[PDB]
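In this entry the chain letters A, B, ... are assigned according to the order of the sequence lines. Using the numbering of the PDB entry, the residues shown for chain A are 15-241, 283-345, in order. The residues of chain B that appear here are 13-241, 283-346 by the PDB entry count, in order. Going by the PDB entry, the residues shown for chain C are 15-240, 283-344, listed in order. Residue numbering in chain D adheres to the PDB entry, whereby the residues present occupy positions 15-241, 283-345 in order. The way this entry was determined, per its header, is X-ray crystallography, 2.2 Å. In listed order, ligands and their atoms are each counted from 1.
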Amino acid sequence: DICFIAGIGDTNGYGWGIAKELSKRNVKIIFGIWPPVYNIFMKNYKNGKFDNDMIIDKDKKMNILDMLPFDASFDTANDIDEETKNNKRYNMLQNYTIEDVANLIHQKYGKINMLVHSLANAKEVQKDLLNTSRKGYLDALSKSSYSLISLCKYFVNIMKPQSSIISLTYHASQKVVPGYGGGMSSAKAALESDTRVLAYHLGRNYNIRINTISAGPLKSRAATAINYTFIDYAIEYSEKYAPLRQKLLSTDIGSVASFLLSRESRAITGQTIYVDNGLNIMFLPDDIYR
Amino acid sequence: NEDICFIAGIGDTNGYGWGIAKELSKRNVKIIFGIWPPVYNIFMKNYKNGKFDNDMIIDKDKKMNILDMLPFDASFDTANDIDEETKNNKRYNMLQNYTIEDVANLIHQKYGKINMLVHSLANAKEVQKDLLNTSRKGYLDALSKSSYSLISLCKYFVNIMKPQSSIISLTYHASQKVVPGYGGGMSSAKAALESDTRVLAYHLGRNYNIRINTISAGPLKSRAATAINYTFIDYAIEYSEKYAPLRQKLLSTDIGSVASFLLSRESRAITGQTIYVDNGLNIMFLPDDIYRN
Amino acid sequence: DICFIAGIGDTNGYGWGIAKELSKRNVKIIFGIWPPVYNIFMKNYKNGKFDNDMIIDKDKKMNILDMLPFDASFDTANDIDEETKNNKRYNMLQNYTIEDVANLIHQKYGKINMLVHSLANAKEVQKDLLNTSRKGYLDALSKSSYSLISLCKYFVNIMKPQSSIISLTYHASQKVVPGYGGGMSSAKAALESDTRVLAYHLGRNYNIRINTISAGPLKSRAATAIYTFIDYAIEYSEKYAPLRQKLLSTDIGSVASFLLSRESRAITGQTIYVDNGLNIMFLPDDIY
Amino acid sequence: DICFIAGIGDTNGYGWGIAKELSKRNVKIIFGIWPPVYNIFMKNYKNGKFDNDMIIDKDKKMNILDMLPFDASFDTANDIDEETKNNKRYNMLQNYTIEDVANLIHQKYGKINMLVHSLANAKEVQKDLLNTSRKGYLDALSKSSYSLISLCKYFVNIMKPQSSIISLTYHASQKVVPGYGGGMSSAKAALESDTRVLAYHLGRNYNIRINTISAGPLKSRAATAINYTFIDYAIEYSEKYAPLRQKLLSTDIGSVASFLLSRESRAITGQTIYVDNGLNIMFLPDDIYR
Ligand SMILES: NC(=O)c1ccc[n+]([C@@H]2O[C@H](COP(=O)([O-])OP(=O)(O)OC[C@H]3O[C@@H](n4cnc5c(N)ncnc54)[C@H](O)[C@@H]3O)[C@@H](O)[C@H]2O)c1
Ligand SMILES: NC(=O)c1ccc[n+]([C@@H]2O[C@H](COP(=O)([O-])OP(=O)(O)OC[C@H]3O[C@@H](n4cnc5c(N)ncnc54)[C@H](O)[C@@H]3O)[C@@H](O)[C@H]2O)c1
Ligand SMILES: NC(=O)c1ccc[n+]([C@@H]2O[C@H](COP(=O)([O-])OP(=O)(O)OC[C@H]3O[C@@H](n4cnc5c(N)ncnc54)[C@H](O)[C@@H]3O)[C@@H](O)[C@H]2O)c1
Ligand SMILES: NC(=O)c1ccc[n+]([C@@H]2O[C@H](COP(=O)([O-])OP(=O)(O)OC[C@H]3O[C@@H](n4cnc5c(N)ncnc54)[C@H](O)[C@@H]3O)[C@@H](O)[C@H]2O)c1
Ligand SMILES: Oc1cc(Cl)ccc1Oc1ccc(Cl)cc1Cl
Ligand SMILES: Oc1cc(Cl)ccc1Oc1ccc(Cl)cc1Cl
Ligand SMILES: Oc1cc(Cl)ccc1Oc1ccc(Cl)cc1Cl
Ligand SMILES: Oc1cc(Cl)ccc1Oc1ccc(Cl)cc1Cl
Ligand SMILES: [Cl-]
Ligand SMILES: [Cl-]
Ligand SMILES: [Cl-]
Ligand SMILES: [Cl-]
């Protein structure tokens, strides 16, 4: 049981919660870390900054097999642009394209069992969809949607039959969340549809499964960066109006992904699964209702 | 405390209830069967003749463990709802406490409060009839037995369940897309069960911190399935094994594994949901003939 | 073109709005009027109380072909219960069952081509779903959902091919609306599913189309009989729907009239939202 | 009432069917024609090759207000690349960018009432999703999805009160259609999501409505160019298994588009309306049951 988790930058996101929960099941875990934060992550980890965040309970802490620099906007080394080659954080680093990381993992560890796509990006997220530029829009689809397909395409050859693949989405794909701008809504819409199409292909040709988890709000780094703030309203609305009022943890999403990545979920594929305390089911805020 | 599950809708070892039972016991969850009185005795005779002994094996070193088996009719909420004919029925008279209220109270006396509840049952007298030609009594019977029964079970079991408890039912994709042959208001009853799962999840969540979901299952050759009007169930299985993204035979235990996950605390942020456990066949639009190789 | 419109009690509901819009397209309209309110309706009509409400524009007035008593609880006269036999409001009336009304319409005007189901009922609507009784839930399904099926079964043989059928639903079927109790949510969910299954059977065997309009909130008599629920619903919708305009009964009538016509002949089994776009929204807008 | 129809390259598509049904309600019609096929269209039209296809009934025939070159690849003139600029079919054409045509329509005809998006393109449609390149994918999203956004953005300030917008999508967005490759599934998924997001911003800022029609299969030039071929299979299945067994015509979609573009439909926005003889509602083939 080896899982590659792409899209860990710190201990505050969904990627860390998935790591944690899978570690609970003695899955070996490999982090794919975006190069602009790689060296920072590695320093904090080496200086024990996350040690407390690695604790599960009395007698298991997390065990991280490897941490690799990983940029899912580049499929192969030939795709790396000149702007990126001329960026100091990327220059120390090698083998950070989807193809390169897949080759490295395979040669180093052999075939793996699970894959987590826990990343997204969009230059113009601050702009509403109507005022998003073409370049901004396509950047969102490239980083947040296409990335999954290419990840699947390069990883299928290094995954065993009956492996499982997970991505994270948001309900803004399906119902309007003002503030979820820059084509991110569009990108999550595509990702949930592509999950179906990929499940057909991965199912039939590889007996590999793929699903997506539509998560509720978490104050991760990426979330707080959208412009108190958007995420703060989102959390507070969720905790007020969700069927289950308890605070939503990265690790609640971690448990469901760990189930979807295991053979326990073997008759589930191509699905969007809501791990959001049931908020998605509500139509009207509850205020007046006695 | 400790995990105890009531599974309403076990009439033999060939249905989803038994798969859920088997997967729950795998996880050392205590399990009580709710068995429809018309088939209660036949079930109890086979269980003691050892006829389920082989179906009860989990593996070389594990066997299922059944805490209790009770007569249960989800047609009746209380004793006073029991009609004249059923009273005169000899399959029912030597059996007591089989109304929804009664079985809850009985379970709560013998064992105290439970953690888990599975609704694994449906009935519809005119299932063989198309929806357009299904009578009012036919339609209301389907809704009564397959949809309202879940609501009543919830209502009565809510006060004998611990907080953080979980509830599941089973549904079929016929609710959302047209399956001819799924007659007699069964389609309508699953549509309602899926809608009711959401509304119940709101009320159960806010007031008791209890979760409820439904599993939309692919085809299984259960006793009931073979009672639908080749036969319906054989085409469904054959079609699904041919056209689903995943070609494996769908097993009751595949539903049971997912059920046990939804019933456990690993799914604590999931509620009100319809979860597809059907090898991904729901995601397909057209048959795959021209395209495949 | 002749349309039977089941579920008119007054000018303030969706049925009247549909009637108004159909009459705009020269469709002849037959009202199915629930017996409790039949007398009152015919009295008010006779004394000219609906005369302003019948004007479409200054060159066109609604024309109403007939007004027939109608209770969708009863498939045949054999189904009428003792309580109803003790109701004077019914004892003075005839041919109000689904079977009888279809026969009467067919005997009187021949085959028709449009049918509108604009009705619902549930005795325990004030009770949340969890504390709704079996009798109450089944009542909601019987009156609000099964009634569509039976209306279809009885009208199919007095309808021409290329006919069209419409009912009204609410988004409580698909997303939680607290206060929409009694199993009304369950009934709308069943109606939307049955709309698909009926579309298949009616499509292949009769070349007949059937769809459901999911309407936004309107301050009808039945709505008010449920802040109050309906004023909350309306305020929220007007606060948050993509479109600010007040939702009018005739905005539904306009879509119903399109769906009932040949212009929508490639559309069947569909739930069409006519609600100022409210259904698309996730979160309140305020801070944004 | 004036409608601009983006995506008519011949009389065999849904664009033509919409133009026909709108002309039937005396709407004035402007075509946005892709420059690569603009000349041949103008030749064919000028020679009478479309006269029979312009016949509506006994006494009415289509009346076209204008026919303009138009490429939804380019938002403004500054976006046009040098290869395109030198291409023979572009270098005598002008004002064919999204912004330029909007401004041309405006000064030529004043403000308009209706806008139809009836285009799609994807350079790698013959490749299944998993095997689609990043560039192909983004090209599908750029031409088939982002273009709607850009059309909206440049047109809103040239639209009259009570204006309405439609585009055309396909059910492969929601359920798997093998063969609908190249990220077209993805693009249609984006389009349907974006239709909701646009409906919100357009409704609240401009009281403008936008919907999408999910059409059944039509033997158009674009459909034939995909691939039993893909389209012949799709039509055969639709005609055998739809609740309504009848040939699906471009005017069937035209009729719905006309409605949605009109004031009869003013309480409808952000929706995906299925015009497919009810095929979308079916689960499995019908063979056994009958
Ligand atoms: N946080 C929430 O409230 C929430 C809700 C719904 C969905 N999601 C989704 O969960 C996933 C993770 O988000 P999160 O909140 O955990 O954010 P996060 O900041 O913790 O993780 C996002 C990660 O993406 C990485 N990344 C960005 N661009 C990349 C690129 N081009 N190549 C490789 N990596 C890149 C960043 O380094 C970062 O570590 C995303 O898909 C997000 O859209 C989050
Ligand atoms: N078999 C399938 O392919 C399939 C597919 C989708 C959903 N489901 C659902 O799974 C659930 C169980 O079906 P199954 O396939 O295991 O068949 P099954 O024959 O094993 O289960 C049906 C059970 O319902 C019980 N029952 C019927 N009426 C009852 C009543 N009034 N009161 C109490 N019990 C009653 C019977 O004892 C019977 O054992 C049902 O809800 C069904 O709709 C089954
Ligand atoms: N008003 C709204 O906000 C709204 C919103 C969404 C959906 N709807 C739906 O639209 C339809 C019409 O409702 P409305 O709000 O216009 O209310 P309404 O009060 O105008 O119409 C309800 C009618 O149903 C009739 N009725 C009740 N029981 C009947 C029976 N057994 N047989 C025949 N008629 C019977 C009543 O006489 C009444 O005239 C209903 O299905 C309702 O659920 C209404
Ligand atoms: N034909 C079907 O069975 C079907 C089914 C569902 C949806 N649709 C959708 O309907 C719409 C119309 O398709 P159609 O089948 O009528 O095919 P079509 O060949 O008539 O339409 C495509 C048109 O778009 C033009 N075009 C392509 N790229 C362009 C761009 N760069 N800028 C401007 N114009 C461009 C082409 O010249 C062509 O005329 C598309 O969005 C399509 O996806 C079609
Ligand atoms: O998808 C999300 C949804 C929410 Cl409610 C919060 C954070 C999310 O994640 C992102 C949002 C925008 C960008 Cl640009 C990148 C990421 Cl990771
Ligand atoms: O729901 C089901 C779906 C399938 Cl594919 C097969 C069997 C099913 O179960 C039933 C079907 C009809 C009746 Cl009357 C009772 C039951 Cl338990
Ligand atoms: O469905 C409805 C939805 C809304 Cl928002 C308002 C009124 C509605 O109509 C009804 C609601 C309950 C009952 Cl018992 C009967 C009817 Cl006619
Ligand atoms: O969307 C469509 C759906 C179908 Cl069934 C047939 C044709 C369609 O339209 C297209 C499909 C692919 C490309 Cl590249 C361009 C276009 Cl216009
Ligand atoms: Cl936005
Ligand atoms: Cl049926
Ligand atoms: Cl309620
Ligand atoms: Cl594909």
Give the PDB name of the drug at ligand 7. triclosan
Tell me which chain touches triclosan (ligand 7) most, using the name in the PDB entry. Enoyl-acyl carrier reductase
Using a heavy-atom cut-off of 4.0 Å, which other chains touch triclosan (ligand 7)? C
Quick one: what's in the binding site of triclosan (ligand 7) at 4.0 Å, using heavy-atom distances? C:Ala134, C:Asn135, C:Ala136, C:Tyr184, C:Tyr194, C:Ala236, C:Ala237, C:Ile240, C:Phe285
Among all protein heavy atoms in this structure, tell me which lies nearest to atom 6 (C) of triclosan (ligand 7), with the distance rounded to 0.1 Å. C:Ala237 CB, 3.6 Å
Nearest-neighbour protein heavy atom for atom 15 (C) of triclosan (ligand 7), which is reported as residue plus atom name and distance: C:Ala134 O, 3.6 Å
What protein heavy atom sits nearest atom 17 (Cl) of triclosan (ligand 7), and how far off is it? C:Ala236 CB, 3.5 Å
For the 3.5 Å polar cut-off, considering only N or O atoms, please tell me whether C:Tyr194 and triclosan (ligand 7) meet it. yes
Would you say atom 9 (O) of triclosan (ligand 7) has a protein heavy atom nearer than 4.0 Å? no
I'd like to know the organism the PDB gives for chain C, please. Plasmodium falciparum
